A.B. asks: 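Notes on a complex, avapritinib with Mast/stem cell growth factor receptor Kit.
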Amino acid sequence: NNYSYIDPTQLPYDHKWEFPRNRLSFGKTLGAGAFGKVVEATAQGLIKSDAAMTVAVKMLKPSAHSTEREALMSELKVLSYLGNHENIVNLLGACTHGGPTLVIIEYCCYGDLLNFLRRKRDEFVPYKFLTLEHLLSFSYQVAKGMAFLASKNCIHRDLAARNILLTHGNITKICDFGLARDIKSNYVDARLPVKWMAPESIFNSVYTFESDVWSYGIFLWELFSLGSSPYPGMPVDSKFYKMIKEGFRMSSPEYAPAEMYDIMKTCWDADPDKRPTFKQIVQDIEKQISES
Ligand SMILES: Cn1cc(-c2cc3c(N4CCN(c5ncc([C@@](C)(N)c6ccc(F)cc6)cn5)CC4)ncnn3c2)cn1
């Protein structure tokens, strides 16, 4: 074996990302968990030497096991190897010298798309405030980012509206690459997002390009239901797993177009080989928007 796939996590950390820790001033906490948190912060001199810049900083608590500490470094290396993309919460810098590792990423002023839809749900119109054309753009942008991930042999493993952020110009970005993996055939694997997971992920812990496509289909349902929870009225229990295995699927949300719901049904196919690729999803949605 003289040819091998270059493992992004095995590559050395590039010190081009290194940013002085004392030049960050922390603000409100954006997200919190048992392992760590993400805070809004001000970076002085990050892009321009004399200009302060609003950023988000992902950090672990000192009471963190070594597996979580290297998971944060692995996410940092994935984001650097992946490269910049418009539909990704892009890496801006890192603070690895001595102190606790800090990962500086883009700040999205509007927050997660799930909470955004629930705010705008009361004042939504299909045609003339959130509109239908916004929903089509959001599904198109997230598909491009996922297609970009899949084009780098990478899976996200936690695709959902809560992990899609909105920023200026109605640009959506995929965030939280903590569970992102480089598949090169599939990846086999904590609390899991069962209602977004493909059946093969629930039953055999297998994660693929196709399992991301399943989660994308669940995301489209979140999108066109104006932020409702998936499988409403069904708790994650023994009956839930049985109905999924047998072929139960959510019906079309109220505002979903027929060709958008058609994508959801192909995303939710029991056979992964019959699920569409993200590249196919982009062209389908792209044709839709021009015809719109
Ligand atoms: C008006 N408004 C604006 C925002 C907003 C919110 C973000 C954001 N996210 C915040 C939420 N996220 C996130 N991710 C991972 C975790 C953890 C708990 N699992 C974690 C944390 C650290 C760690 F070391 C390991 C795990 C928590 N929270 C994703 C990023 N990023 C950028 N801008 N932004 C802007 C929210 N309201």
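The PDB entry numbering applies to chain A: residues 566-693, 763-818, 821-825, 829-931, in that order. Recorded method is X-ray crystallography, 2.4 Å. Basis for what follows: all heavy atoms, side chains included, without hydrogens, waters or symmetry-related copies. Whatever order the structure lists them in is the order used to number ligands and atoms, beginning at 1.
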A.B. asks: For chain A, which residue flagged by UniProt as active site has the shortest heavy-atom distance to avapritinib (ligand 1), and what is that distance to 1 Å?
C.D. replies: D792, 8 Å
A.B. asks: What do you reckon, does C674 put a non-hydrogen atom under 4.0 Å from avapritinib (ligand 1)?
C.D. replies: yes
A.B. asks: Is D810 touching avapritinib (ligand 1) with its side chain, its backbone, both, or neither, if touching means heavy atoms under 4.0 Å apart?
C.D. replies: side chain
A.B. asks: Where on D677 is there a heavy atom closer than 4.0 Å to avapritinib (ligand 1), on the side chain, on the backbone, on both, or on neither?
C.D. replies: neither
A.B. asks: Enumerate the atoms of avapritinib (ligand 1) whose separation from the nearest heavy atom of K623 is less than 4.0 angstrom.
C.D. replies: 22 (C), 23 (C), 24 (F), 25 (C), 26 (C)
A.B. asks: Check whether any heavy atom of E605 sits under 4.0 Å from an atom of avapritinib (ligand 1).
C.D. replies: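 False for this residue.
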A.B. asks: So is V654 close enough to avapritinib (ligand 1), meaning a heavy atom under 4.0 angstrom away?
C.D. replies: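 It does not; every heavy atom stays at 4.0 Å or beyond.
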A.B. asks: Identify which UniProt domain of chain A accounts for most contacts with avapritinib (ligand 1).
C.D. replies: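 The answer is the UniProt domain Protein kinase.
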A.B. asks: Does any N or O of avapritinib (ligand 1) fall below 3.5 Å from an N or O anywhere on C673, backbone included?
C.D. replies: yes
A.B. asks: Tell me which UniProt Mg(2+)-binding residues of chain A have a non-hydrogen atom under 4.0 Å from avapritinib (ligand 1).
C.D. replies: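 In chain A, UniProt binders with a non-hydrogen atom that close: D810.
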A.B. asks: Using a non-hydrogen cut-off of 4.0 Å, what is the binding site of avapritinib (ligand 1)?
C.D. replies: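 The heavy-atom site around avapritinib (ligand 1) is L595, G596, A597, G598, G601, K602, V603, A621, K623, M624, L625, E671, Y672, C673, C674, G676, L799, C809, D810.
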